Q: 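Here's one more: a structure with prednisone in it.
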Number of protein chains: 4
Amino acid sequence: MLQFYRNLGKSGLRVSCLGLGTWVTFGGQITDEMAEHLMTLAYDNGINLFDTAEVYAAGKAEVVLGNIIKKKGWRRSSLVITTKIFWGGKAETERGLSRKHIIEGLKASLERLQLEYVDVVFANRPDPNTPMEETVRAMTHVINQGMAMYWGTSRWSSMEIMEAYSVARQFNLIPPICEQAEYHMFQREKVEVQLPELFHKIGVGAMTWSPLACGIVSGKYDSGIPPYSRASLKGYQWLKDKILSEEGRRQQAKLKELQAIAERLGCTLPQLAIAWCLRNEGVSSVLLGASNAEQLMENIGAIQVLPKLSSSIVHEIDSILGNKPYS
Amino acid sequence: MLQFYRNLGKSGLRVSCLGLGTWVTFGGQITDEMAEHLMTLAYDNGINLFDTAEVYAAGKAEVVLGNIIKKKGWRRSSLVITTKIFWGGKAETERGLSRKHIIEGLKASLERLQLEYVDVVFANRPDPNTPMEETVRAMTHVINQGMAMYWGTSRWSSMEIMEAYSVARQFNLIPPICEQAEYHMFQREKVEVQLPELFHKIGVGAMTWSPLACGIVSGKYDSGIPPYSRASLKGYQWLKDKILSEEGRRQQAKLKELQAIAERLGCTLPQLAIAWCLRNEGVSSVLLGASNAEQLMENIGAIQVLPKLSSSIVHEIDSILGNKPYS
Amino acid sequence: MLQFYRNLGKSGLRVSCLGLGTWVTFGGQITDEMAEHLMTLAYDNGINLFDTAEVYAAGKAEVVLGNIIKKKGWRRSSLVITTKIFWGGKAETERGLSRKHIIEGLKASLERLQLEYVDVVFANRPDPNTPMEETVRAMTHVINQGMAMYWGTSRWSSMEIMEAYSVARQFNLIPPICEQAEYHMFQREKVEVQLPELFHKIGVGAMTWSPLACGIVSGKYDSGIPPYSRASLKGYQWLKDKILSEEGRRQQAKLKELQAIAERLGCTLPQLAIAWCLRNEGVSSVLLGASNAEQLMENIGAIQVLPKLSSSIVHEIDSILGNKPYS
Amino acid sequence: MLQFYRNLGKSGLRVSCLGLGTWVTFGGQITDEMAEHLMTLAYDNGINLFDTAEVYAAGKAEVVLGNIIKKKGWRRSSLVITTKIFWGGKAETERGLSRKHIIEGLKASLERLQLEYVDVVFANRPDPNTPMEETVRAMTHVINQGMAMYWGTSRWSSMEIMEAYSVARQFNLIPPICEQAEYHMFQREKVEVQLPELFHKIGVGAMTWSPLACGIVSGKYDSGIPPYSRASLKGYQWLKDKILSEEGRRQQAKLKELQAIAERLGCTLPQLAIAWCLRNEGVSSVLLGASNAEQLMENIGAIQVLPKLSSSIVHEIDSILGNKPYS
Ligand SMILES: NC(=O)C1=CN([C@@H]2O[C@H](COP(=O)(O)OP(=O)(O)OC[C@H]3O[C@@H](n4cnc5c(N)ncnc54)[C@H](OP(=O)(O)O)[C@@H]3O)[C@@H](O)[C@H]2O)C=CC1
Ligand SMILES: NC(=O)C1=CN([C@@H]2O[C@H](COP(=O)(O)OP(=O)(O)OC[C@H]3O[C@@H](n4cnc5c(N)ncnc54)[C@H](OP(=O)(O)O)[C@@H]3O)[C@@H](O)[C@H]2O)C=CC1
Ligand SMILES: NC(=O)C1=CN([C@@H]2O[C@H](COP(=O)(O)OP(=O)(O)OC[C@H]3O[C@@H](n4cnc5c(N)ncnc54)[C@H](OP(=O)(O)O)[C@@H]3O)[C@@H](O)[C@H]2O)C=CC1
Ligand SMILES: NC(=O)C1=CN([C@@H]2O[C@H](COP(=O)(O)OP(=O)(O)OC[C@H]3O[C@@H](n4cnc5c(N)ncnc54)[C@H](OP(=O)(O)O)[C@@H]3O)[C@@H](O)[C@H]2O)C=CC1
Ligand SMILES: C[C@]12C=CC(=O)C=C1CC[C@@H]1[C@@H]2C(=O)C[C@@]2(C)[C@H]1CC[C@]2(O)/C(O)=C/O
Ligand SMILES: C[C@]12C=CC(=O)C=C1CC[C@@H]1[C@@H]2C(=O)C[C@@]2(C)[C@H]1CC[C@]2(O)/C(O)=C/O
Ligand SMILES: C[C@]12C=CC(=O)C=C1CC[C@@H]1[C@@H]2C(=O)C[C@@]2(C)[C@H]1CC[C@]2(O)/C(O)=C/O
Ligand SMILES: C[C@]12C=CC(=O)C=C1CC[C@@H]1[C@@H]2C(=O)C[C@@]2(C)[C@H]1CC[C@]2(O)/C(O)=C/O
Ligand SMILES: C[C@]12C=CC(=O)C=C1CC[C@@H]1[C@@H]2C(=O)C[C@@]2(C)[C@H]1CC[C@]2(O)/C(O)=C/O
Ligand SMILES: C[C@]12C=CC(=O)C=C1CC[C@@H]1[C@@H]2C(=O)C[C@@]2(C)[C@H]1CC[C@]2(O)/C(O)=C/O
Ligand SMILES: C[C@]12C=CC(=O)C=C1CC[C@@H]1[C@@H]2C(=O)C[C@@]2(C)[C@H]1CC[C@]2(O)/C(O)=C/O
Ligand SMILES: C[C@]12C=CC(=O)C=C1CC[C@@H]1[C@@H]2C(=O)C[C@@]2(C)[C@H]1CC[C@]2(O)/C(O)=C/O
C-alpha cells in the first residue's frame, strides 16, 4: 500500500510522495496567477514539498514562490521548501559551492523568498573548484545559523556524496540527507542501483526530478515540436535537439508501445510514467513540473495508477524500454 | 529529613520537590482567574517548577501560563519553566521530534509563553520516525541558541534514554538531564527500578507525573463518576473507561484499605499518595495537578506526611498494593 | 626589572600589574563621586584592570562601575573588565554555577554594567551542587555568545581548576585562564606553591586579592578598631572579630616589625605589602582596594618599592612572618 | 596560458591574479577622489581583490575603501575584501592577536568599512605574546559569527603557519587559507621555496605584496629620491635609507640591466617585475600599489608581458639578480 507521506531518506523530514518544482515555469513561462493556482492545487491535494533554485529565471522563481506563500498565508510549519545553490550571478565569486557563495547565495535566496529559512538547501551540482570540507563546513554553518534545517546534494556521484559524509564524520559536521537526482523511464541507473546503497549505508534519501523527461514522456513530441511546448521556448534549443536526435526518436518509438499499456490500465502515459517513478520505495518523492492546471491534476492522478503496477506490468515495461540496469 | 529543593538529576538545575502542571486545567477546564490563583499559591509556597506542553489545550495552556508570569511580574531567574514538544499541529510536518518540528515547535511555544527560553524542553514521547542523532542535534541546537537551558525526555524507555546519551557522547552533543515519567501507587516499575540505574550511570533525574493517577488515587470515583470530575470531561472517555474497567475497580478496592492508613496518619488519601511518591529520594520532583485551590493546598500538605512514612507504613502499603517491583 | 603590563597567565590578555577592585566600596561605602575619582586616578596611572561581582552591594557596584565608564567615555578596547558570578538573588535558582544562573547572572550583570561583554567572567567560588561539565559548558557558551572574552575561577582548589581543564580538553570546550586568589603576607600557601604548578601545567594565571588583608596589613588596627574603618562597617563583624582574635593580634605584632623595614626602605607598610605581592613574577596582577584617594595613590606607589626588595629584605620578611610555605 | 581568476590556495575563494592594496595611499597620500578612480579602474578591469588593514592611516584607509564600495554600489558578492589585524590603538590591549583584540579589532574595522564581513581577515604579523590556540580559536569565532568568510596569516614563518594548522586539526577549528607574503625580485626565498610546500601539505595559498618593493623596482630612484615619491613622504625615512643604503644602490645597478630586458620585450620595468611575480603558478594573487592612474594602468598591463617570460628570459633575469634560492 502507498504511504502518501514518507521520510526523506533516514532523516526526520516528512514529505509528500509528490512535490511541485518551479523550473522553467515560475517567474518565466507561466504567469504569477497560474503559478498561484498550481501551488494551491498542489497544497490542497496534500503536497507539502516545493522546490526552487537561485538560478531559476534569475531569481524570479523564488520571488513568485515566496509571494504565493505570503499571499495564501499557509503555516510555515506545514511546508517543506527547498532551494538549490550554485549559479548566483555573473561575477567570478557569484558561483560555486565556496563558503562565500553558499552563505551569500542562500541569504539572497531567502530574501527573495521572504523566508527566514528553507527546509533543505541543496548544492545544485558538484563544484570542481571547492574542496569538500569547505562546502560541508559552509552547509553546516547555514544550518547552525538557522537559515536551513538540512542540506542535500544534486547531481553528485555516489562517491562524492560518500565523500561529504566522510568529511562530516571526520570533523563532526552535518551530513547531507538527500540527493536530488534525475529519474524517469530513460534515466534509471543512478536511482535504481546507486542511491539504494547510499540509503542503507548513510541514510541518504532520493528526491527525483524530471519524471517526464521535460515532457518527452508525455508523448507530445510524437510528431514534431508542438507550439508553446517547453522544447519550443527560447533558451531550450538543447531540449529540442535532444527530442529531434536519433535517440530521441527512439524514445518516442518506445513511448507508443508504453501508450498501449497506459490505455490498458485506464490511465494516461504521464500518469503511468510518474506512478512508475514511485513504484519502488527507494524514491522518497518525485518533483512534478507543470505549465497548466490540466497537466498538474493529470499528474497528481498518477497516485491511483500505483495499485495497478503489478510485477507483470513492470516486467512488460522493462521489456519495452530494454534499459533495466544491473544490480 | 526532607530537602524541599534538590538537583534535577545530576544537573545543576535546582527544583522544588513539588511542581505544578498545566495539563487539562490551564486554558481548558479552569478559568484563567483560577489558574492565576493556583500558580500564585504554588509560587508563594516555594514551588518553582511549572510544566506545560505545546499540545495542552492546543497551545492555550502555554498562553495562560505566560500571561500569569507576566502579570505577576515574578523574576524569570526564580522560575523553572518546562514545556514538552511533539504534537504541534495537524500538518504532517507539525508533529514529531524532527529538527524541523523541534525548532518550529519550541519557537511557537516560546512565543505563546511570552518567554525568551524555557529551562527544560522535553520530547513529549519517543518518535519512531526520527533517528536519535537528528533529535539530539536539534535539542543541542535550541540550547545553544538560548531557547532552552537544558533538555529532557518523556515517556522514553531506559534504553532510548541511554541511546540519546550514546549519541551525545559520540558526537559531542548535549545529553538529556531528566525523564518525565508517570509515577503513582499503580505505576511503579519504571521509576523504582529503571530510573535509579540511569541516575547512577548517566545522571538522568526523574520528574514524575500524575501522582494521583488523574485523580483516581483520591478515592473520588469510589461510587461512580462524580459530576465535574476529570473523567466526566469531554475528550476524556478513555479515563472513564479505565476507572470503570475491571482493573479500575480493583484499584478502588485497594484505595479503601489505603484510606485506613491515611486516617491513621492523620492525613487524606491524596496527601498519603503524593508523600509516598516523594518517599524515595530517587524522585527529584512530583508534578501536581489541581482544578481548584482546595485540592492544591491539600496536595501541598503532603510534605508534612513524609516524616510519618516509616518502614512499617511503607511495607504495609506494599502489602495492600501487592505490586512492589523486583530490583 | 618590573614590566608594568603582563599576560594574564598564558592567555593573550594583557593586564596592568595592579588592578582596582570594587568590593565594599563601589555603590556601598563610598560615594559615586569618590568612585569616579578613584577609577580615573587608576586609569590615568596605567591601570586597565577593574574587578567587580554581581553580589557586591547587591548589584550596585556594577551599576556604579558602568556609569563611570560611560561618563568618562574611555575606549572599551582599552579596558579589561572582570565580574564574578555565584550570588545573584534570594531564590533557589539565583545562586550557583548552573548553566541557568551563569547565563542569567552574567546577562543581568552586563545589563547593570551597560556593557555588551566583560573581558573575564569568574566563578566567584566552587559550586558543590553543579557538575564541572555543566559549568565549563556554560562558561564556554557565554564566551561563544560574545558575553565574555575569557573565563576564570576564584577560590577554587588546584585540583578543581585542573578538573575544569580536564573537562575542557575531553569535550573540546574552553579552559579557564586565571584563578583569582587571596594573597598577602598572612596567606601565601596557595599562590606561592600551588598556582605556579598550574601556570606551567595548564597556563592558569594568578590574579590576587586583598593584598592588605582588608586593611589589616596597613597597621591601622594596631590599637583597636578605628572609626570609619572597614572593620567598623555594618555587615563586617566577621572582620572585626578576626582582627580582635588571638591570631589577629599576633599579626599586628609582626606588622610592627615589618614597619621597621618599611621605614628603612623609605616607604609605608602598605607599599611594602603590595610590592611584596608583586615580587614574584608568578602573580600576574594584584587587585587593589581603596576607600579614598590618599590610600589609592599611596598603594600605587608600591611600584617604586619593588626595585628595593632584595633577597636579604625578602629573607628578613620571611623571618618575621615565619610562615614561608614549603616548595 | 594565464588564468586571470584562480583559487586562493586550495580554498574555494576565487581571486583575480592581481589585487589592489590600500597601504600608504588610501586616506593618506592620495585624495579620496583619486582612490575612487583607482578602485573603479581596477574593478572595471576584472580585479575583485582589495586589501587593507586597521593600521593603515589609523583606520582612514578602511573608511575610504568602504565609502567607495557604498558610493559605486557594486554587489558585495562580486568583491573579495580583506583586512589585517594587529595594530588597533595606543592602549596595551589594542594590539596583538589576543581574542580580545581580534574581535574588537575586526568589529571596529567592519564598522569603518561599513561592511557586515570581510572575505578574509588576516593576522598582520605574528604575536609573540599570544598562544596559537587562542588566536586560532578567535579567528574561528569571528568566522562562525559571520564577520569573516575565511582567515589568513601575514608575515608568519612556515613553521608558525603549520602550527596554526596543527592547532586547528587538534581542536577541530578552522585552518588558515592564505599567507600574505612579500615577493619581488629582491625577496624570493619564502615565496619560491617555503610557500609551495605549505600549498601541497596544507593548502595554504600565497597572496603577495610590494611587487615593486615599494616602487624601488620601477627604477625611479636611479638618481636620488624623486619629489613626491613614497620614499620622500613623512614617516617613510626607513624606505629612503633602504634605497640609499649600500645594498639599495646595488639593487639599482641590477635594475639597469633588467631595464634592457624590458625594452627588449616591449614593456616597462614595472610590468616586467609584476609579470615576473605571476610567472609561477604558486602565487595566487599579487597585490598592487599605486598613487595615480598612470601607474595602475601601467601595472595592469603586466598581464600582457606574461606570455613573453620564456625559460631563457627567466634564466637571464636570474643571472642578473644572482639571488635564485635553492630548492
Ligand atoms: N536538481 C536539478 O538539477 C533539477 C531539478 N529539477 C526539479 O524538478 C522539477 C520537475 O522537473 P521538470 O523537468 O519540470 O519535470 P517533467 O519532466 O515532469 O516535465 C514537466 C514539464 O513537461 C510538461 N508536462 C507536464 N505534465 C504534462 C502532461 N500531463 N501532459 C503533457 N505535458 C506535460 C510541461 O511542459 P510544457 O507544457 O511547457 O511542454 C511541464 O513543464 C523542477 O521544477 C525542479 O524543481 C528539474 C531538473 C533538474
Ligand atoms: N509527560 C507526560 O506525558 C505527562 C505529564 N504530566 C504533567 O504532570 C502534571 C500532573 O498530572 P495530573 O494527571 O494532572 O495529576 P494527578 O494525577 O495528581 O491528577 C490531578 C487531577 O486530579 C484531581 N485532584 C487533584 N488533587 C485532588 C484532591 N486533593 N482531591 C480530589 N481530586 C484531586 C483533579 O481533577 P478533577 O478535579 O477534574 O477531578 C486534578 O486535575 C500535568 O499537569 C503535566 O504537567 C501529566 C501526564 C503526562
Ligand atoms: N574573588 C574573591 O573572592 C575576592 C576578590 N576581591 C577583589 O580584590 C579587590 C581588593 O580587595 P580588598 O580586600 O578591598 O583589598 P585590601 O586587602 O588591599 O584592602 C583594601 C581596604 O583596606 C583599606 N586600605 C587600603 N589602602 C590603605 C592604605 N594605604 N592605608 C590604610 N588603609 C588602606 C581600605 O579600607 P578602609 O579605609 O575602609 O579601612 C580599603 O578598602 C576587591 O575590590 C575585589 O575586586 C576581594 C576579596 C575576595
Ligand atoms: N601584509 C603586509 O604586511 C603588507 C601588505 N601589503 C599590501 O600590498 C599592497 C601593495 O604594496 P605596495 O608596497 O604599495 O606595492 P609596490 O611595491 O608595487 O609599490 C607601489 C608603490 O610604488 C609606486 N609605483 C607603483 N607603480 C609604479 C609605476 N608603474 N611606476 C613608478 N612608481 C610606481 C607608487 O609609489 P609612489 O608613486 O608614491 O612612489 C606606489 O604607491 C598594499 O597596498 C597592501 O595592501 C604591502 C606591504 C606589507
Ligand atoms: C539525519 C542525520 C541527522 C541530521 C542531519 O542533518 C543529517 C543526517 C544525515 C545522516 C544521518 C543523520 C542521523 O540522524 C543518523 C543517521 C540516520 C545518519 C546516517 C546514519 C545514521 O547514523 C544512523 O543510522 C544511526 O542509526
Ligand atoms: C543553465 C545552467 C545554468 C547556467 C549555466 O551556466 C549552465 C547551466 C547548465 C545546466 C543547467 C543550469 C541551470 O540553470 C540549472 C539546471 C537547469 C542545469 C541542469 C539541471 C539544473 O541543474 C536544474 O536545476 C533543473 O531544474
Ligand atoms: C548535566 C550534564 C551537563 C549539562 C547538560 O546539559 C546535561 C548534562 C547531562 C549529563 C551530565 C552532564 C554533566 O555535568 C556531567 C555528568 C553529570 C553528566 C552525566 C555524568 C557526568 O558525566 C559526570 O558524572 C561527571 O562526573
Ligand atoms: C492526546 C495526545 C495528543 C494527540 C494524540 O494524537 C494522541 C495523544 C495521545 C496521548 C496523549 C496526547 C497528549 O496530548 C499528551 C499526553 C496527554 C498523551 C499521553 C500523556 C501526555 O503525553 C501528556 O503530556 C500528559 O499531560
Ligand atoms: C589561552 C587558552 C586559549 C583561550 C582560552 O580561552 C583559554 C585558554 C586557556 C588554556 C590555554 C589556552 C591556549 O592558548 C593554549 C595553552 C596556553 C593553554 C594551556 C596550555 C596551552 O595548551 C599551550 O601551552 C600550548 O603550547
Ligand atoms: C557574603 C557572601 C555572599 C553571600 C553569602 O551567602 C555568603 C557570603 C560569604 C562569603 C562572601 C560572599 C560574598 O559576598 C563574596 C565574597 C565577599 C565572599 C568571600 C570573598 C568574596 O568571595 C569576594 O568576592 C571578595 O570580594
Ligand atoms: C579550505 C579549508 C576549508 C575552509 C577553511 O576555512 C579553511 C581551509 C583551510 C585548509 C583546507 C580546508 C579544506 O577544504 C580541505 C583541505 C583543502 C584543507 C587543507 C587540506 C585539505 O584538508 C584537503 O586537501 C582535503 O583533500
Ligand atoms: C608601522 C607598523 C605599525 C606600527 C608599529 O608599531 C610598527 C610598525 C612596523 C612595521 C609595519 C607596521 C604597519 O603599520 C604595517 C606594516 C607597514 C608593517 C610592515 C608591513 C606592514 O605589515 C603592512 O601591512 C604593509 O602594508
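Just so it is clear: chains get the letters A, B, ... in the order the sequence lines come, proteins before strands, and each one is counted from 1. Indexing begins at 1, ligand by ligand and atom by atom, following the structure's order. Atom set for the values below is all heavy atoms of this structure, side chains included, hydrogens, waters and symmetry mates excluded.
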Q: What are the identifiers of all copies of prednisone in this structure?
A: ligands 5, 6, 7, 8, 9, 10, 11 and 12
Q: Going by the PDB entry, what is the chain that binds prednisone (ligand 5) with the most atom pairs under 4.5 Å called?
A: Voltage-gated potassium channel subunit beta-2
Q: Could you check which other chains have heavy atoms less than 4.0 Å from prednisone (ligand 5)?
A: A, B
Q: Give, by chain and number, every residue with a heavy atom within 4.0 Å of prednisone (ligand 5).
A: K10(A), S11(A), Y150(A), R169(A), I174(A), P175(A), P176(A), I177(A), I202(A), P131(B), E133(B), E134(B)
Q: Could you tell me whether atom 26 (O) of prednisone (ligand 5) has at least one protein heavy atom nearer than 4.0 Å?
A: no
Q: Can you list the prednisone (ligand 5) atoms lying under 4.0 Å from a non-hydrogen atom of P176(A)?
A: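 Per the distance check, 9 (C).
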Q: Would you mind checking which non-hydrogen protein atom is closest to atom 12 (C) of prednisone (ligand 5), with the distance to 0.1 Å?
A: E133(B) OE1, 4.0 Å
Q: Number the atoms of prednisone (ligand 5) from 1 as they appear, then name those within less than 4.0 Å of a heavy atom of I174(A), with their elements.
A: 5 (C), 6 (O)
Q: Look up the source organism of chain A in the entry and report it.
A: Rattus norvegicus
Q: Which of the numbered atoms in prednisone (ligand 5) are below 4.0 angstrom from a heavy atom of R169(A)?
A: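 Listed by number with element: 18 (C), 22 (O).
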Q: Does atom 22 (O) of prednisone (ligand 5) have a protein non-hydrogen atom under 4.0 Å from it?
A: yes
Q: Among all protein heavy atoms in this structure, tell me which lies nearest to atom 19 (C) of prednisone (ligand 5), with the distance rounded to 0.1 Å.
A: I202(A) O, 3.5 Å
Q: Starting from atom 14 (O) of prednisone (ligand 5), which protein heavy atom do you reach first, and at what distance in Å?
A: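 Going atom by atom, the protein heavy atom closest to atom 14 (O) of prednisone (ligand 5) ends up being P131(B) CB, 3.1 Å.
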Q: Which protein heavy atom lies closest to atom 1 (C) of prednisone (ligand 5), and at what distance to 0.1 Å?
A: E134(B) OE1, 3.7 Å
Q: Determine whether any protein heavy atom is located less than 4.0 Å from atom 9 (C) of prednisone (ligand 5).
A: yes
Q: State which other ligands or ions come closer than 4.0 Å to prednisone (ligand 5).
A: none
